[PDB]
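Among the contents of this structure: diclofenac.
Along the sequence shown, residues are numbered consecutively beginning with 1. As the structure lists them, so they are numbered: ligands from 1, and atoms in each ligand from 1. All values below come from the heavy atoms of this structure, side chains included, with hydrogens, waters and symmetry mates left out.
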Amino acid sequence: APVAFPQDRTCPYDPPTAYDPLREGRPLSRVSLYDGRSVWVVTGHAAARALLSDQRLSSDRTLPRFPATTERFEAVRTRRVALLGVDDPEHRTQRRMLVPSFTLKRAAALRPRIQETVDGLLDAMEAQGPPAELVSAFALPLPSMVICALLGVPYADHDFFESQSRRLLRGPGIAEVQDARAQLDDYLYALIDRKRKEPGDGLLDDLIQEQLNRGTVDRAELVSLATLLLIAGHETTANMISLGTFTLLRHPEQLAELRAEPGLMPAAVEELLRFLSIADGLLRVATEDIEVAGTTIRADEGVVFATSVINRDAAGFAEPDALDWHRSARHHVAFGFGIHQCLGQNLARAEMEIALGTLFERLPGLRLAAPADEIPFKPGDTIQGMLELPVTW
Ligand code: HEM
Ligand SMILES: O=C(O)Cc1ccccc1Nc1c(Cl)cccc1Cl
Ligand SMILES: O=C(O)Cc1ccccc1Nc1c(Cl)cccc1Cl
C-alpha cells in the first residue's frame, strides 16, 4: 500500500513518522492522495532541485491532470492563481513587475520599521503581563502589519482579512472556501477601485499606476496577486515565528547558543527554515515526460514535493535531523527553488531574524505555558505552524 499523502505531523517541527518509508525511498516514490489517486513524491534534495527547475513541470492547477490533495482544493482549482499558479512566459512577466518591491535592499531598508513593530508588540505583551497567546499577540501581527504597509492594505481590516484567509486556506468545506474567497475578492475589488480614484502608497498602488494604467494587467489579476501576497505575506511568516519559537523552546541547548552569540541569528533562521519546512507538499504536474533518478515521470502524472523529507536528505545535509547552527543550511528548499522560488524570502528573513531574536533578547525567561504536546498546530493538508502558542516569562 503506498503511503497516503499528506498526513498530520505528530511533532510539529518533524516530518510525520508515517513518512518513514519516504525517507527510505529517496529520491522518488509514489504516494496516494485523498481520492486514492497515485502520484509521484519527490523526496531527494538533488532531484527536488532538478525538478523544480524543469519547465516540463507546470504549476497551473487548472490543467486536467493537476493533482489535488484535498476535496476543497479540487473544487477551487478551476481558477488560476496569478504568479505562483502560472507558467513562463506569463510567470516571468508577472514576477518582473513585483521583483523591485522585494529586493534584499528593500528588505534591509525595512528593518528599522520591522524592529519598531516587534518592539511595540513585545511592549504590549509586557504591559498586559504574562501569560500570552503568542500567535495572536506577536507571530501574526508582525508580518500582517508589515505586508499591509508594503501592499497598501489597511491593517485596520486585519480581523476581516485574517479571518477570511484562514477559511480560504483551511475550509473545511467547499462552501467556507467559496464564501471566504468571495468576501476577500469583493474587499479587494473595492480597494483597488478606491485606489484608482485616490492613489495611496503601496505596491498595489504601484501596480495600478505602472501596470494597469499601461494596460499591462487587469483587475482580476491584481486581486489574485493581492490575495496571494497578503496571505503568503502573513501566514508563512507567522507560522515560522510561532513554530520557530516552539522549536527553539524545545531545544534548550541550541537556544542557549543563540542567546550567547546573537550573531548566529541569520544562520539560525536559515536552519529553522530547513528543519521546519512548513510549506510541505508543493504541487506540480508533468506536461511532458521527464527522465530522472533512472525512472520516467510521464506527461500528466502528479508530482508532489515532500519539502520536509527533502530537507532531511543526508545527501543534502550532514546529520540532517539535527538542529544545528554551524553546518550550513544553504541550498534547503523550504523557500522552493527555480521558477517559483519565494519572492518574499528577503523580507521573510528580516522578519524572522528580528522577531525571534528580539523576542528571546527581551523575554529571557520565555517558556511554554502549557504542556508541549497539548499545544495545537495545523493539520497536514495545509502550511504547517502553531494555531496557538501559550507562553510565559
Ligand atoms: C517563512 C516564510 C516563507 C516561506 C517558508 C515561504 C515559502 C515559499 C515556498 C516554498 C514557495 C514556492 C512555492 C512553490 O514552488 O509551489 C514560495 C513562493 C512564494 N512566496 Fe514565499 N515563503 C515565505 C514567505 C513569504 C513572504 C513574506 C511573502 C510575501 C509576500 C511570500 C511570497 C511568495 C510568493 C509571491 C511566492 C510565489 C513566487 C513565484 O511564483 O514566482 N513568501 N514561498
Ligand atoms: O486557492 C485559492 O483559490 C485561493 C487563492 C486566491 C488567490 C491567490 C492565491 C490563492 N490561494 C493560495 C494562496 Cl492564498 C497562497 C499560496 C498558494 C495558493 Cl493556491
Ligand atoms: O506552492 C504550492 O505548490 C502550493 C502549496 C502546497 C503545500 C504547501 C504550501 C503551498 N503554498 C503556499 C505558499 Cl508557497 C505560501 C503560503 C501558503 C501556501 Cl498554501
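- In this structure, every copy of diclofenac sits at ligands 2 and 3.
- The chain forming the most contacts with diclofenac (ligand 2) in this entry appears in the PDB entry as Pentalenic acid synthase.
- Within a 4.0 Å radius of atom 1 (O) of diclofenac (ligand 2), the protein has at least one heavy atom.
- Within diclofenac (ligand 2), counting atoms from 1 as listed, the ones closer than 4.0 Å to a heavy atom of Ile231 are 14 (Cl).
- Counting protein heavy atoms only, atom 18 (C) of diclofenac (ligand 2) is closest to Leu84 CD2, 4.5 Å.
- The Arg61 neighbourhood of diclofenac (ligand 2) comprises atoms 1 (O), 2 (C), 3 (O), 19 (Cl), with distances under 4.0 Å to a heavy atom of that residue.
- The protein atom (non-hydrogen) at minimum distance from atom 11 (N) of diclofenac (ligand 2) is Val81 CG1, 4.7 Å.
- When heavy-atom distances to diclofenac (ligand 2) are checked against a 4.0 Å cut-off, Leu168 comes that close only through its side chain, counted from C-beta outward.
- The entry gives the source of chain A as Streptomyces avermitilis MA-4680 = NBRC 14893.
- Among all non-hydrogen protein atoms, the one lying nearest atom 15 (C) of diclofenac (ligand 2) is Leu228 CD1, 3.6 Å.
- On a distance-only criterion, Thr227 and diclofenac (ligand 2) share no N/O pair closer than 3.5 Å.
- By the 4.0 Å heavy-atom criterion, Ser224 is counted among the residues contacting diclofenac (ligand 2).
- At a heavy-atom cut-off of 4.0 Å, the residues contacting diclofenac (ligand 2) are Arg61, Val76, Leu84, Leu168, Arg181, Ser224, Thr227, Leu228, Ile231.
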